[PDB]
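Comments concern the structure below.
Chain letters run alphabetically, one per sequence line, in listed order. Chain A uses the PDB entry numbers throughout; the residues present, in order, are 131-784, 815-865, 878-1018. The PDB entry numbering applies to chain B: residues 131-605, 620-784, 815-1021, in that order. In order, the residues displayed for chain C correspond to 138-152, 159-172 in the PDB entry numbering, which applies throughout. Read the numbers this way: they start at 1 and go in the same order the structure lists the ligands and their atoms. When the header is checked for method, it gives electron microscopy, 3.0 Å.
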Amino acid sequence: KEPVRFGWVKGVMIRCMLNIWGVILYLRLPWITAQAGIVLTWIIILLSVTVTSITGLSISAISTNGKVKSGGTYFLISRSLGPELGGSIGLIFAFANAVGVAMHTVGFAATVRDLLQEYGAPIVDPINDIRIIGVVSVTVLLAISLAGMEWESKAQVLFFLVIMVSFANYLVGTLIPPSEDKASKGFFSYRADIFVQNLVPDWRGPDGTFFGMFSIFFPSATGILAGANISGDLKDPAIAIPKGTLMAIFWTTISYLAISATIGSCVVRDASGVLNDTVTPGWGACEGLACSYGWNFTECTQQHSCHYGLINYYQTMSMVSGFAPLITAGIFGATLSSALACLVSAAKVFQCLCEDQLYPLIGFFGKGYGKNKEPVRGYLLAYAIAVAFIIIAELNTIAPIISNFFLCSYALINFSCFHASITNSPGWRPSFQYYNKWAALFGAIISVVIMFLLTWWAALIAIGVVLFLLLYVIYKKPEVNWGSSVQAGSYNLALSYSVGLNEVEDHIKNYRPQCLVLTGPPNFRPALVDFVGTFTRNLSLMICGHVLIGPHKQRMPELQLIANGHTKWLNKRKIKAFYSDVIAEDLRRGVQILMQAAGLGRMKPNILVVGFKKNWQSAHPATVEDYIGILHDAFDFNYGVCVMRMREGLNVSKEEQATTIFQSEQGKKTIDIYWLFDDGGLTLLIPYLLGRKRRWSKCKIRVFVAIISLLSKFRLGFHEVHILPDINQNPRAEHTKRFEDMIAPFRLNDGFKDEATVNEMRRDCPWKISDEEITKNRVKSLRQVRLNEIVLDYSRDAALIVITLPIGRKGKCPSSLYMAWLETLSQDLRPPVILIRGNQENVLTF
Amino acid sequence: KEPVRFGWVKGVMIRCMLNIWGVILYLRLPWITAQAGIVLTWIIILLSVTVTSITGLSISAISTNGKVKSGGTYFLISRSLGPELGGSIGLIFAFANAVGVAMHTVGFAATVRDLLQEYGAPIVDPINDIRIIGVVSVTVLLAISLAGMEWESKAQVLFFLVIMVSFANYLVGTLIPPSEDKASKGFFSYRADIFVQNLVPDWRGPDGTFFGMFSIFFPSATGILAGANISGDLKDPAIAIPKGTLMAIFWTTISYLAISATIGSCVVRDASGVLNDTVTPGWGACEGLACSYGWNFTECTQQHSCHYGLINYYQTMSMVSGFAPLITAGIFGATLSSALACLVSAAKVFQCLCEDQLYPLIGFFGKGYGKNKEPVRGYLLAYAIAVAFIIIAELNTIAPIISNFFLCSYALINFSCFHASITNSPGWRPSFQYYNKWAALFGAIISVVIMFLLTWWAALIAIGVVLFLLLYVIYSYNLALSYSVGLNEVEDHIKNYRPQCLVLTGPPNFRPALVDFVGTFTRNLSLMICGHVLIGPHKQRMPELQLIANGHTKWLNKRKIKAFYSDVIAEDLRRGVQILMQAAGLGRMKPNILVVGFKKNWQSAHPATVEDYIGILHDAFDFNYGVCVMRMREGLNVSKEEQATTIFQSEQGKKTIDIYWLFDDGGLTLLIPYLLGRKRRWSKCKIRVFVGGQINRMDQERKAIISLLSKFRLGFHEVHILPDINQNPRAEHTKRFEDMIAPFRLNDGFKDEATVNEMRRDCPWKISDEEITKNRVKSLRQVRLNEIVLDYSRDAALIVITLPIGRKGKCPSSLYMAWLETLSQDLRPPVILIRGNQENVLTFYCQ
Amino acid sequence: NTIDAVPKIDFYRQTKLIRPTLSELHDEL
Ligand SMILES: Nc1ncnc2c1ncn2[C@@H]1O[C@H](COP(=O)(O)OP(=O)(O)OP(=O)(O)O)[C@@H](O)[C@H]1O
Ligand SMILES: Nc1ncnc2c1ncn2[C@@H]1O[C@H](COP(=O)(O)OP(=O)(O)OP(=O)(O)O)[C@@H](O)[C@H]1O
Ligand SMILES: CN1[C@@H](CSCC(F)(F)F)Nc2cc(Cl)c(S(N)(=O)=O)cc2S1(=O)=O
Ligand SMILES: CN1[C@@H](CSCC(F)(F)F)Nc2cc(Cl)c(S(N)(=O)=O)cc2S1(=O)=O
């Protein structure tokens, strides 16, 4: 009580050979041999079999790299190039299959109609004959297909046996001495001179050109994917697909090469068909090899006006054989087997395509009925399409379009083997080793050259329909993640250039601002991701750091899920940033890890962007110590610092994503800069790079500072320049008392004692301030509140204010004093405020 | 010395007008009007300026979006579709211009030569006159263009005045009553019965069909990018480029529409040209229309063999003029202007490509060229190509592929606007009143349709040569940064797993063996990062430290190894390795395997070093790493010109790679040898795989293992089974293990776990005997497996055993190191101990 | 569970037992 699975002979080889053998073998191959001669016909066959051999090797390498399921061709292409190029070629493969059902039932019906005219009486109408017969035949084929998959595989064997019987009949017939009405039509039994004179071309008519023969034959050698299309019923598709496909191609090619060279050595190109053309002694003259055998076709050859022979009579292969009705049976089998093999493939590819939710509302047809889960709804859709194209019944101009839907699949079956083999993902491990990627690119190019040679305006329609669906799938972005080779091309494309960076040494004319941004969870502080992603996009590096403060010291898998959530959040905003997190016991010791290790060779951060600690006056005085220690560590590691503040705050935690200030047009406002120390040029570069952006390009960069000589020489292009007024002068008293009573809870009331005893008493906590430093660094303390007054005077209603970050000497001043300066310097201002100081490096050399 | 800037009426509108106007205006348009009639010619003109106006709208939309430089056209295709279409289309667009220079100077050359045949005496054959004069004309244009673009604007203004006097001459000559000589050739003044006679087509000839007329005219209406390629020389492009480009189109279309009607309202289609055809009163009956004016043109119209008239004489508009030579002056202006516009617009694009750093294929630019940065090298390249194609002198065969190199650019320029509009690309917000993404998609459909309609095989070479350039470049800082950030979208699959190593070398030149080994199989495949921990105080970027860190990168580069160097500072090795594990890498390119060397003399150094060494592995297992430990017989540290040579630089030959797959770790034990065997040195080796099994299930599970190894497509040759691992080892080997573990033995008698910590805090590496009893079976397994390995793999090339794993708090460091040293002792080839992280790295399936 | 497993086919299939995790083999008991 298990579903049946097929071997390789009965499952791949028989079906591929039945699909390849059509009606060209019977009704137009002798004609091609007569027109083009044996040698050039052999060239045509061996030239049309090169393309299908190359595609067989490609589809055979692709299908032995894992386990294959239902879906056949579509499954193999989509899982190897992804849904964009896989779901656009799996919707026209099925449609082309359905129309192929239509165009082979039409041929079967035409043969039946031609049989019925002569023997008895034709029915209803010449053209309304090919409608009735085709519709009834497709209904019968639908029934036999819909009855199960062990009954169709019993019909295909019957058709194969019928074809073999026709071949044996023809070979037996071509070996008996010719009867009198048999030789009057051209057929002499076997010789040498007919062979010799049939070796060279004899073109006639408007259709008799070499390319006019290649155009007729080539679409009759494709059809090799009829066994790979039932890959869900084979019991070992990793051994059944290569052997079956390649053996089928070999055997059908031998069949063609034998039929042509055997028909061309028996029947002469010109014969009359009248039993009275026997040669009369002593009269006139011969016109050819015929008169040596006693027959006289001179009037034909002189007038070019008779019906029989290897050119003029299309059904010569019926006349030659011992019993023509068996050749008729062969034609019936050859035409019905292809229709059945197309009807099955359309449904089994469409069901797989509908399982994967790639297109809006065709998912109704991806349902299985029964134990084997046959697509009882795909069969009926293909039947409806085939009956619709059979009612038309004149498909002589539809065929060029359909035959180019099958050459877009040959061009993507071959590119999928080239692309996946030049990449070498570990895991790209096929067990069919007899292929080459350059011979697979060759086939991809030729399948597109031929598609235009055959007819240039149907290739245009085919490629237009391919791109329409390709673009739809790109713009909808479904989520599948099948691990294609396009996804593995990105990694080694990135690695090849990251390793390439090493070759170029460190210079001074390639400075870039590469930022390490201390965000925490990017959700919490978006106003600090936007500011940095404004001026580093498409120019330099930015990393969004994060320290997980806990004592766990183990990297649980759940942390990688969280790091995938934050990366996706960054990707929604279209920020070009990297996320990285570490684990430490406090915040100061995680940023040390990030500064020391992060980056890749030459692409490593050299600027530290950190928010401002708003609540430093109501937190434990040991956290401000860590906060100032971070800045001191950044200075020791030879970084540049940028402390950023806002009036309302940075942490937003204390659906849609949040919107901040740095996302909107800020036209007609000024960007104020207060240059107080030659840091090298970082205080000037950040607003210079910020103002070039469109959102900030309508702003007036104002610089408040020999200086004009130093400014214009770097061609920065700033609007104004000024001299700040008298920073030395004493500020008014109320602000000064505010400064002194702000720093009061760090007072010590120590009077004056020797440094030894002072340190003996400070040993517990270093953040407390003694009166010695207070009275020793009171001047520059006043200077900060004075300059805050100045800034609050000029920059009251600006759009972005940049000042210079002071440095407090280690050991000579505590951290509380430095944080008090940093506070009072930028308080009670409305716009965003930044405080930059570089690392004494020439950065304006660009 | 401020750079010169141009307005909209002299740097865009005039400069596009001159490029649109060619020689079809003077030699072919009257013929089109004669054949297709007035109405259908108007249809052709409007139907072919629809496309150019749509592309003008897209270019105008691009111009009002930020600021771009001169030659920065491809820069949207580059931004919106990747920098391999951007650069490729830019290269194609510049080459097409360079060829257009030659194809216009040849028209000027032909005009001058045919003028020479009439008046004076030609001095050479009529095919080397074209060559001998085209080169001189192009050289003169190169001189007056290399002079500076101030001396090119003046020439383009002179050329405009010349055309405007040719129009004045032609328009004056059609209001004057027809002279006896002129009227014999078919010229009559404005009369209504000629207007109504020419309103309908009169097709004749091989290419006298509507498609033939469209195919002659349409490539005479393009050239609307002549002023948009110099966006770096305009005063304010966002206001000058739309207003100028969209009025050049309008006024040239007006001129084309006016000439056709005015010329068709004057001249009959057929005429004789001999003054004998004055009518004879009373001589039968007339035939034709001119017989109402005094002229009989019957004999031609019956025999169809005269030479003049609007249908047979191409120069019919040079005779209706008041003075003939002014029309040839118009010809000279019309050809030399387009030749100059193309020469400037190709130099701009070449110089922009040579300045582009996301397209490092062209480059070729060294020292700066010119005080004003004139694109001197771009000019020389364009001049070279133009001369090379002049020397050919036959170009009607090359015309229909150079004319599709432009419609490829039109199609992609139009499609990138639609793409960037519909994907809501950040940085594309064009502030232009009349831009529609649908109207820009239509202009990209139509451009390709026309491209393939004009001639299909030439449109296939044009697409084919773009894809060769696209594929050739797929197979510095701004390119590495743009691809690394592109990995943030592609999401990981087990089918694409890559082993990304973090190699602990030290100074890379102390341990060449590790570097060579790990650079064998990660080469062109995955990441590897050399590591180095400078044990000591903390401080950084000392001028010396960076200069040291550059020397080791130079050493890695000389040896031809694709690796990164990374040094951190800590107080001991363990903390430095933790710092390196947690934070090294960039995004998805971060290590997930840690490879170290073997502690050669772990029995002589202080045991705290052994404790830290084993702690390194214990931490690697805590961060989800796979661990490889590499042991070599002589040692890895070479310290204890020329670069030293290791055994991993020689071809190994036909020797074997024995793998001992004991515990299932995911597949890393047997993915390293596979990748190792994809290389030249190891490509002849034989992979033998050993597994454990039972006596009386031997073949039944050998077959199962062989079936498993062939679902993975690994291609491993042998498979053996070891059924005697649970035996007892020989006596002296167990005695050696027990003596080699003696110094670390606690020797505490037998006490409970509560008090063992009491005397083991001082030395946490010591082994309590209650704890050495519970590990006797596993301890003897290592000796037995060592005997097996010596028995089999004595003469192999590389040996792989799985790493035993020890629980925290259940096995001390000394015991673990004793196992690691027992498993791989007294054995000649390199030994590697691998342990994956218990996750699958191999797969059967496709999804 | 907690004991290291010799190679089997059952760990690599899809649909019966689970390969021990790295934390199960390494963390304390
Ligand atoms: N866990 C963390 N990881 C990384 N960076 C952090 C972390 N915590 C804080 N920072 C950085 O240090 C800055 C100052 O820390 P602090 O906790 O004072 O900010 P905050 O109090 O969250 O800001 P707000 O006043 O807006 O709440 C933060 O703005 C942030 O830039
Ligand atoms: N300063 C260092 N930085 C980075 N890695 C190191 C450093 N020192 C040692 N290692 C790595 O740790 C391993 C431990 O070996 P250790 O240095 O303790 O003894 P060794 O005999 O010097 O090592 P080897 O056998 O490699 O010479 C070494 O093999 C090496 O790979
Ligand atoms: C003869 N066929 C040609 C198309 S040219 C004849 C024309 F269509 F024009 F009539 N190519 C294929 C290819 C495949 Cl792959 C399959 S199938 N069943 O494997 O999927 C079937 C066919 S075919 O039978 O339609
Ligand atoms: C008259 N030209 C036609 C091509 S007609 C066929 C041919 F002559 F090429 F054989 N198309 C363009 C388009 C542009 Cl956009 C530019 S330009 N100056 O912007 O670069 C120049 C030209 S043209 O001068 O070559």
Original post:
What drug shows up at ligand 4?
Top reply: polythiazide
Original post:
What does UniProt call the chain that holds polythiazide (ligand 4) with the greatest number of close contacts?
Top reply: Solute carrier family 12 member 3
Original post:
By chain letter, what other chains have any heavy atom closer than 4.0 Å to polythiazide (ligand 4)?
Top reply: B
**OP:** Provide the number and name of each other ligand or ion under 4.0 Å from polythiazide (ligand 4).
**Re:** none
Original post:
Looking at heavy atoms only, which transmembrane segments of chain B, numbered from the N terminus per UniProt, come under 4.0 Å from polythiazide (ligand 4)?
Top reply: 1, 3, 6, 8, 10
Original post:
Which residues of chain B carry a UniProt polythiazide-binding annotation and have a heavy atom under 4.0 Å from polythiazide (ligand 4)?
Top reply: B/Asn149, B/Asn227, B/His234, B/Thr352, B/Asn359
Original post:
Could you tell me which residues UniProt lists as binding Na(+) in chain B have a heavy atom under 4.0 Å from polythiazide (ligand 4)?
Top reply: none
**OP:** Show which residues surround polythiazide (ligand 4) within 4.0 Å on heavy-atom distance.
**Re:** B/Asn149, B/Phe223, B/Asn227, B/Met233, B/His234, B/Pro349, B/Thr352, B/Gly353, B/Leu355, B/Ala356, B/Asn359, B/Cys472, B/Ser475, B/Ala529, B/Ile532, B/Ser533, B/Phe536
